[PDB]
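Structure (with desvenlafaxine).
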Amino acid sequence: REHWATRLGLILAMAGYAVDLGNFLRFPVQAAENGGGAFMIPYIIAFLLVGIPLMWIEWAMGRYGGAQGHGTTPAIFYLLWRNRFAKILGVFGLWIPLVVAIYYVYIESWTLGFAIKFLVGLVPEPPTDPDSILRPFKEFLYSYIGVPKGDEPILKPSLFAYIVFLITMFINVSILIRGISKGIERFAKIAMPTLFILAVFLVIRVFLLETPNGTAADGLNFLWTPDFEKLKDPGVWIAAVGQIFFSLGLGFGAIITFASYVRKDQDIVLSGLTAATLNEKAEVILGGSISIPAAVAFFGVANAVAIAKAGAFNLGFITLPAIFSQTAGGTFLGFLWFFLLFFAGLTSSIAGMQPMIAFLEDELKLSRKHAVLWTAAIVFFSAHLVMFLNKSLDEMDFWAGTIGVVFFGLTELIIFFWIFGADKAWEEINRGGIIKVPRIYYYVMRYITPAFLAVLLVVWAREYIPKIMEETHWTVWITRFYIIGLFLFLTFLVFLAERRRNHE
Ligand SMILES: CCCCCCCCO[C@@H]1O[C@H](CO)[C@@H](O)[C@H](O)[C@H]1O
Ligand SMILES: CCCCCCCCO[C@@H]1O[C@H](CO)[C@@H](O)[C@H](O)[C@H]1O
Ligand SMILES: CN(C)C[C@@H](c1ccc(O)cc1)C1(O)CCCCC1
Ligand SMILES: CN(C)C[C@@H](c1ccc(O)cc1)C1(O)CCCCC1
Ligand code: NA
Ligand code: NA
């Protein structure tokens, strides 16, 4: 079996998986809307009671499976619980990251496209008033994506956007086809320092921003001034638990697959804790110092609330580029921003396609070349739905990227810590550990952590599902039909895998 060459490479590859666009775009928006500085209270608590425990568990499940030559949940769940229902549940740990990758690589291609356009100066150049500056950039993004101008739910991506997507798929393949150590690990050792350097430069350059409407200090002020009155709202606590779960990328099955390349008696306790801490530092220190302070420095603290409510996608692809065009060398500054987002996305997408690759290698005995190429073919083909059907991305992101991940994360807990055995699971986590997991975490993993996820799943299901099922355009069924078919296809592959094993 393939293995990570160094401990540093493993940690950077794991942190690289976690650190993405959400760190620099989603977190700052969530924090500003939920108490600002006071949001750090439930954020840390969620990190201690949910994020950290579940991550140790996914590392453990991965390493345990890897020792027996299996990197994906259909096989791994069966090893933890020899039941037919376990293999089926395990399909979700293959289905979720595949479906997400189908839309994420496209989003990733946007950042490369924008990076190129900004580097060469092929960007709008306004003109005054905020709407007069934002609108040319709004249209810039809309023309790139091909946002519907009529009543049809049809996207029409520019030829440039399509070609960049092809290039982006090529780059993902180039890294993945070289394997774990010479590909993913090797890239992580280059991408993470580059990511850190670009982020620091952007933080510094943002801090120097001075406009008649305000400064960057006003931005850090608005964002970090505690509003403890919001701590009463359970939605804030739900948002904190949600943000922690999303940022660490739990319940995607990607962590499990990566951990399956960790040697049997190699540490996962400290390595896991370190990777998680890196994502958090990158999230609160770097992510919280760029987008929001810049938006406040330029538009004034008077528009800070409106900016936060506008969303993370508006902030990263419209608002920030618009502000850049109004600063000295902002064209190059825009390049660095999207270059940053691209590498952050690329380190995440190579991780997200690895489970499907690992399934074909471990269970269907495909060579790495064939496994990578076929995985890329599935992703590339399926991505045309996201590229041409409006809101297809939103539907996939809800079922797989939102509801699915919390459900699967809870499924991981129950199978590992309740079915497989809490004592066996506890030993499996701490085995080979440089440091040992504090004894208190045994009860957290067994009672507290699943309780939090259960609440999160129930609340979101009652809140969002009726809306999605009743107030959406009929075209969502196109996306639903296709991704359900993808599940059936993966279920069939699991069936072929067990029939091949019975023969050999
Ligand atoms: C779900 C993926 C399907 C999207 C494929 C859309 C391809 C768009 O192709 C369309 O072909 C037509 C000719 O038949 C042309 O008239 C249109 O201009 C062209 O855009
Ligand atoms: C998810 C599906 C995305 C829809 C793809 C949009 C393509 C719309 O394109 C349509 O293609 C038809 C070709 O059969 C032509 O008859 C129409 O003239 C053309 O507008
Ligand atoms: C779970 N949600 C809702 C967040 C995702 C998203 C997807 C679609 C969308 O319209 C907004 C956010 C997101 O993860 C996709 C791009 C990276 C930042 C946000
Ligand atoms: C840890 N994060 C945030 C990255 C993940 C992700 C998940 C959802 C999403 O909307 C964006 C990225 C991702 O790595 C999951 C597997 C498929 C590629 C993206
Ligand atoms: Na993250
Ligand atoms: Na990443």
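Numbers here simply count residues along the sequence, with the first being 1. The figures that follow rest on heavy atoms only: side chains count, while hydrogens, waters and symmetry mates do not. Ligands are counted one by one from 1 in listed order, and the atoms in each one are counted from 1 as well. Heads up, header says this was done by X-ray crystallography, 2.3 Å.
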Got a sec? Need all the ligands or chains for desvenlafaxine. ligands 3 and 4
Chief binding partner for desvenlafaxine (ligand 3) by contacts (from the PDB entry): Transporter
Starting from atom 16 (C) of desvenlafaxine (ligand 3), what is the nearest protein heavy atom, named by residue and atom, and what distance separates them? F313 CZ, 3.5 Å
Atom 17 (C) of desvenlafaxine (ligand 3): which protein heavy atom is closest, and how many Å away? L21 CB, 4.1 Å
Which organism is chain A attributed to in the entry? Aquifex aeolicus
What do you reckon, does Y104 have a nitrogen or oxygen under 3.5 Å from a nitrogen or oxygen of desvenlafaxine (ligand 3)? no
Which protein non-hydrogen atom lies closest to atom 4 (C) of desvenlafaxine (ligand 3), naming both residue and atom, and how far is it? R26 NE, 3.9 Å
Quick one: look up the protein heavy atom nearest atom 13 (C) of desvenlafaxine (ligand 3) and list residue, atom name and how far away it is. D397 OD1, 4.5 Å
If we only count N/O pairs under 3.5 Å, is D20 in contact with desvenlafaxine (ligand 3)? no
With heavy atoms of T402 as the reference, note each atom of desvenlafaxine (ligand 3) found under 4.0 Å away. 1 (C)
Is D394 in contact with desvenlafaxine (ligand 3), taking contact as a heavy-atom separation below 4.0 Å? yes
Top protein contact for atom 8 (C) of desvenlafaxine (ligand 3), by heavy-atom distance: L393 CD2, 3.4 Å
Ligands and ions closer than 4.0 Å to desvenlafaxine (ligand 3): ligand 4 (desvenlafaxine)
Which nucleotides or residues of neighbouring chains are within 4.0 Å of desvenlafaxine (ligand 3) (non-hydrogen atoms)? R26, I107, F313, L393, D394, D397, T402
Once you restrict both partners to nitrogen or oxygen, which atoms of desvenlafaxine (ligand 3) have a protein partner under 3.5 Å, and how far apart are they?
from, atom 1, to, atom 2, distance (Å)
desvenlafaxine (ligand 3), 2 (N), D397, OD2, 3.3
desvenlafaxine (ligand 3), 10 (O), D394, OD2, 3.3

